[PDB]
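For reference, the structure discussed in these notes is given below.
Numbering of chain A is taken from the PDB entry, so the residues present carry the numbers 5-131, 135-511, in order. For ligands, and for the atoms within them, numbers begin at 1 and follow the listed sequence.
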Amino acid sequence: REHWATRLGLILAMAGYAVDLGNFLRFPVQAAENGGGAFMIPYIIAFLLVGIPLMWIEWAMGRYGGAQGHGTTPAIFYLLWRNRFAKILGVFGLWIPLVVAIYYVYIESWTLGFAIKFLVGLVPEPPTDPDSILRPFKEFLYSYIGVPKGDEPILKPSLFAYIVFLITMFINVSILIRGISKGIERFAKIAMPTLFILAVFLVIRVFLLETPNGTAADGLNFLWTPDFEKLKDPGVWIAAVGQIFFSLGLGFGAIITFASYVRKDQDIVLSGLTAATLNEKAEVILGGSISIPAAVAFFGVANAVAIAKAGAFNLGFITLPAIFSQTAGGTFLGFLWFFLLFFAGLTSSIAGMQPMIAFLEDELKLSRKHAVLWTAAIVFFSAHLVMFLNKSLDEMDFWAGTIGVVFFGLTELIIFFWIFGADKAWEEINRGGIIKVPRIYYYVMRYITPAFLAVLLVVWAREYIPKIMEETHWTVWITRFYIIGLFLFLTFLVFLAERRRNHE
Ligand SMILES: CCCCCCCCO[C@@H]1O[C@H](CO)[C@@H](O)[C@H](O)[C@H]1O
Ligand SMILES: CCCCCCCCO[C@@H]1O[C@H](CO)[C@@H](O)[C@H](O)[C@H]1O
Ligand SMILES: CN[C@H]1CC[C@@H](c2ccc(Cl)c(Cl)c2)c2ccccc21
Ligand code: NA
Ligand code: NA
């Protein structure tokens, strides 16, 4: 079995998976909407009671599986719980990263496309008033993606967007096809320092932003002034749990698969805690210092509430590109911003497609070359639904990348800490640990952690599912039909794997 060559490479790869566009866009928006500086209270608590324990558990499950030659959840769940229902539950944890990759790589390709367009100077050049500056960039983005102009739910991406997606897939493949150590690990050792350098440069350039509407210091102020009254709203506590859960990338299956290449007695406690900490640092220090302060510096603290409510996507793909074009060398600054977003996405997507590759290698005995190429073919083909059908991305992101991950995260907890055995799980976590998990976390993992995920799951289900099922366009059923088909497809591959094993 492949293994990580160095501890540093392992940590940077895991951190690279966790650190993405969300660090620079989703977190600042969430904090600004949920109490500002006060949001750090439930955020730290959720990090300690949910993020950290679940992360150690996913690492533990992966390393446990890898020692027996299995990197994905269909086999791993069965090893933990030898039951037919376990193999079926395990399919979910292979279905999720497969479905997520189908839309994620496309989103990632947008950042490469925009980086190129900013670099060469092919961007709108306004003109005054905020709507006169934002609109040309809204149209710029809409034309690239092919946002519907009529009543039809059809997307028409530009030729450039489509070619860049091809290039983006090729880049993912070029890394993945070289494997864990010479591919993913080697890239992580370059991309992470680069990501750090770009971020620091952006923080510095943002802090120097001075407009008649305000400064960056006003942005840091608006973002980091505590509003303790919001701590009464349960939604703020729910948002913090969700923020921690998603930013760490728990429940997606990538962590488990990456951990499956950690040697049997190699540390995961300190390594996992370090990777998690790197994500948080990149999130609150780097992410919190770029996007929001820039938006507030340019549009004033008066529009600060409106900006955060506009969302992470609008902030990163419309508002920020617009602001840069109004500054000296902002064309190059926009390039750096999207270059940053591209590497942040690329480090995550190579981690996100590895589970499918691992399944083909471990369970169907495909060579790395064949496993990578077939995984790429499936993702590339399937992405055409995301590229051409309006809201297909949103539907995939909800079922797999939102509801699915929280459900699967809870399933992981139960199967590992309740079914497999709490004592065994604990020993599987701490074995080879450079530091030991504090004894108190045994109770947290067994009772507190699954309680938080259960509350998150139920609240989001009751809040979002009825709307999703009753207020959406009929075309969402195309996406539902297809991804249900993908689940049936993986179930069939698992069937073929076990029938091959019985033969050999
Ligand atoms: C959900 C997956 C849909 C697959 C993408 C559909 C391919 C789109 O093919 C369409 O062919 C038309 C021919 O008249 C052309 O005019 C359009 O430009 C082209 O996009
Ligand atoms: C989700 C899948 C949607 C794919 C978009 C398909 C592109 C539209 O293809 C359609 O082909 C028709 C051929 O009879 C033409 O007459 C239409 O005007 C053209 O829009
Ligand atoms: C998990 N938070 C980020 C990190 C990884 C990144 C991600 C997760 C799984 C996969 Cl399969 C891929 Cl390709 C990419 C991602 C996707 C959707 C939503 C959020 C996120
Ligand atoms: Na993150
Ligand atoms: Na990443």
- List the macromolecule sharing the largest contact count with ligand 3, named according to the PDB entry. Transporter
- Give the name, out of artemether, flurbiprofen, zardaverine, bicyclomycin, sertraline, of the drug at ligand 3. sertraline
- Item | Binding-site residues: sertraline (ligand 3), 4.0 Å heavy-atom cut-off | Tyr21, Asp24, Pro101, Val104, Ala105, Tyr108, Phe253, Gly256, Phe259, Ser355, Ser356, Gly359
- atom 6 (C) of sertraline (ligand 3) [closest protein heavy-atom partner, distance rounded to 0.1 Å]: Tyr108 CE1, 3.5 Å
- Item | Identity and distance of the protein heavy atom lying nearest atom 9 (C) of sertraline (ligand 3) | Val104 CG1, 3.5 Å
- Which of the atoms in sertraline (ligand 3), numbered in the order shown and given with their element, are less than 4.0 Å from a heavy-atom of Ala105? 11 (Cl), 13 (Cl)
- Query: Relative to the heavy atoms of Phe259, which atoms of sertraline (ligand 3) are at a distance of less than 4.0 Å?
  - Reply: 1 (C), 8 (C), 9 (C)
- Task: Just jot down the sertraline (ligand 3) atoms closer than 4.0 angstrom to any heavy atom of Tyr21, in number order.
- Result: 4 (C), 5 (C), 8 (C)
- Item | Top protein contact for atom 11 (Cl) of sertraline (ligand 3), by heavy-atom distance | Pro101 O, 3.0 Å
- Got the closest protein heavy atom to atom 20 (C) of sertraline (ligand 3), with its distance? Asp24 OD2, 3.9 Å
- Item | Organism for chain A, per entry | Aquifex aeolicus
- Message: Could you tell me, atom by atom, which parts of sertraline (ligand 3) come under 4.0 Å of a heavy atom of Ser356?
- Response: 13 (Cl)
- Any nitrogen or oxygen of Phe253, main chain or side chain, under 3.5 Å from a nitrogen or oxygen of sertraline (ligand 3)? yes
Note down each nitrogen or oxygen pair, sertraline (ligand 3) side and protein side, whose separation is under 3.5 Å; give only atom names and the distance to 0.1 Å.
from	atom 1	to	atom 2	distance (Å)
sertraline (ligand 3)	2 (N)	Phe253	O	2.8

